[PDB]
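Quick look: diethylstilbestrol on Estrogen receptor.
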Amino acid sequence: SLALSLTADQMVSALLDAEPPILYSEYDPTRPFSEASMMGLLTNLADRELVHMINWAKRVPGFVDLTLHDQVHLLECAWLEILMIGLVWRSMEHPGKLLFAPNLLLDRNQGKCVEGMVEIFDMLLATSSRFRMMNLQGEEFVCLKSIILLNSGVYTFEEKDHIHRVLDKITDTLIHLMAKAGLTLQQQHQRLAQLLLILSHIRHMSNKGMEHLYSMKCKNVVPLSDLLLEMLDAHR
Amino acid sequence: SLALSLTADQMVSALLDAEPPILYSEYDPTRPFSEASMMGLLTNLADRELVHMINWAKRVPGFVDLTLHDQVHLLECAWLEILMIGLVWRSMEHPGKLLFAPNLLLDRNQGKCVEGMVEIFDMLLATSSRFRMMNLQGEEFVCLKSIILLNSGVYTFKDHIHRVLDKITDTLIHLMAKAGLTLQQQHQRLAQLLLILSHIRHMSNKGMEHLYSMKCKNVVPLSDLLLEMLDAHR
Amino acid sequence: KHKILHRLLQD
Amino acid sequence: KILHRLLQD
Ligand SMILES: CC/C(=C(/CC)c1ccc(O)cc1)c1ccc(O)cc1
Ligand SMILES: CC/C(=C(/CC)c1ccc(O)cc1)c1ccc(O)cc1
């Protein structure tokens, strides 16, 4: 494996170099909001992000060493968690708002345009507030996002042993970073735990979001893309 | 708060001492189960476990210092995660099986008796196997279960809870250094343990939806308590 | 509101 | 499966 040979700094560099770009929305601020339009915007955006995410995952160390079947499973498991932690990261310096795209910055009242979406917005906002609180670094963000990719579906599958080895290497990476930031040994372990505990709530948000997305599909108010429908059906 | 003044060893003992008892199911040995009968047994059991869980929660250091509403919030958020991690813990020494009660040890295929339950069983069985292979200790388990209680609802509300969360992390690390693990092994294991909490969250959310469906399907009457704990998630 | 949980926690 | 295809190329 090449992933097992990377140093901590080399790990960070590889993850940073693999970062997907920040896409724009098809949003037009002249035509106000309906449930159908915002859902359109959000799902349109996610669809385009998904393509970048898939090509990003290939650049995540160790991921290319997995069978294709395992890759499909991990991404099917983690795709909305990954979209969500990216969203929360983007929004971190925009208190009270979710920066879906540079031209699509939403607070919670706009989340009321879609049924039950405001509950999800609120959780995402609380998560962004948490990151802000912790002064989360980009180097830590990219570590967490790759952990999600590799971790979320690992329990729903030798192959795993490889994944757990890469996961361990990312742990090593997070710790190396914190030691560089001047944190004590205790502070390192505390921050480490704090970061990973957030992943629990990110899973929770994805779970709720997936259910909300499934209900909207059955509600049939806006055409979900083929890829999004397939991902969505992978959770059922 | 009093929890923060506690040492690591004092924390472990406090948690260990707060452990709820392992309750039994009904002694009716008629096999196999029907859907309604298995549903009835599981919900009856969880109902009785819930009562002990509240006793346990109030004995988790720092939890009493929270307002009643905060306690209610955390428990309503985390109750099924906590039942499940206990279930998974109890099932550790019974590979391929879920030890709901000493007289209710269920294999994978018995999950088929309830529609949609076998998927939940498989996730629990995989979690138990993971714990088995990690050689999860009881001291680590009780630490993890407390983390769930305190963490799962904390972002749907802070400092006090987060300080206690930090205290348990310290306690977890203390336990690992105790077992002779190196520094690298210590944070690696810490990470491995906390990541399983993400899967426990996933299982709880899957289980919550299944419970909700069974409520709508009206296969078995659910208790007011269980219904209220369930209502908190919708 | 009345909550069985309230009772259990207070007791 | 789209994801499968996109993963392939
Ligand atoms: C929370 C909205 C959302 C999604 C992903 C499609 C969504 C949309 C509609 C629903 O009913 C549920 C979730 C999303 C889109 C792009 C991101 O980068 C992150 C999250
Ligand atoms: C997974 C079954 C279950 C529950 C808790 C009530 C359940 C029952 C029926 C369902 O349709 C869904 C979940 C449970 C019961 C006791 C435990 O210690 C742990 C888990």
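First the proteins, then the strands, lettered A, B, ... as listed; each starts at 1. Just so you know, these numbers use all the heavy atoms, side chains as well, and skip hydrogens, waters and symmetry mates. First listed ligand is number 1; within each ligand, the first listed atom is number 1.
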- Query: Which other chains are in heavy-atom contact (under 4.0 Å) with diethylstilbestrol (ligand 1)?
  - Reply: A
- Query: Between A:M216 and diethylstilbestrol (ligand 1), which residue portion shows a heavy-atom distance shorter than 4.0 Å: side chain, backbone, both, or neither?
  - Reply: side chain
- Query: Of the protein's non-hydrogen atoms, which lies at the shortest distance from atom 15 (C) of diethylstilbestrol (ligand 1), and what is that distance?
  - Reply: A:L42 O, 3.6 Å
- Within-cut-off N or O pair, A:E49 and diethylstilbestrol (ligand 1), under 3.5 Å: yes
- Query: Which UniProt domain dominates the contacts that chain A makes with diethylstilbestrol (ligand 1)?
  - Reply: NR LBD
- Message: With a cutoff of 4.0 Å, is A:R90 in contact with diethylstilbestrol (ligand 1), counting heavy atoms of the residue only?
- Response: yes
- Task: Of the side chain and backbone of A:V114, name the one, both, or neither that has a heavy atom under 4.0 Å from an atom of diethylstilbestrol (ligand 1).
- Result: neither
- Distance filter under 4.0 Å to A:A46 heavy atoms, resulting diethylstilbestrol (ligand 1) atoms: 5 (C), 6 (C), 15 (C), 16 (C)
- Message: Would A:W79 count as a polar contact of diethylstilbestrol (ligand 1), with the cut-off being nitrogen or oxygen pairs under 3.5 Å?
- Response: no
- Task: Give the residue, atom name and distance (to 0.1 Å) of the protein heavy atom nearest atom 14 (C) of diethylstilbestrol (ligand 1).
- Result: A:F100 CE2, 3.9 Å
- Item | Within reach of diethylstilbestrol (ligand 1), part of A:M53 (heavy-atom separation under 4.0 Å) | neither
- Message: Could you identify the single nearest non-hydrogen protein atom to atom 12 (C) of diethylstilbestrol (ligand 1) and state the distance to 0.1 Å?
- Response: A:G209 O, 3.5 Å
- Query: Backbone, side chain, both or neither: what part of A:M210 comes under 4.0 angstrom of diethylstilbestrol (ligand 1), heavy atoms only?
  - Reply: neither
- Task: List the residues that UniProt gives as binding 17beta-estradiol in chain A and that have a heavy atom under 4.0 Å from diethylstilbestrol (ligand 1).
- Result: A:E49, A:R90, A:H212
- Message: I need the residues around diethylstilbestrol (ligand 1) for my notes - heavy atoms within 4.0 Å, please.
- Response: A:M39, A:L42, A:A46, A:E49, A:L80, A:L83, A:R90, A:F100, A:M117, A:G209, A:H212, A:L213, A:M216
Identify all pairs of nitrogen or oxygen atoms, one from diethylstilbestrol (ligand 1) and one from the protein, separated by less than 3.5 Å, and list them with distances.
from                          : atom 1 : to     : atom 2 : distance (Å)
diethylstilbestrol (ligand 1) : 11 (O) : A:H212 : ND1    : 2.4
diethylstilbestrol (ligand 1) : 18 (O) : A:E49  : OE1    : 3.2
diethylstilbestrol (ligand 1) : 18 (O) : A:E49  : OE2    : 2.4
diethylstilbestrol (ligand 1) : 18 (O) : A:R90  : NH2    : 3.4

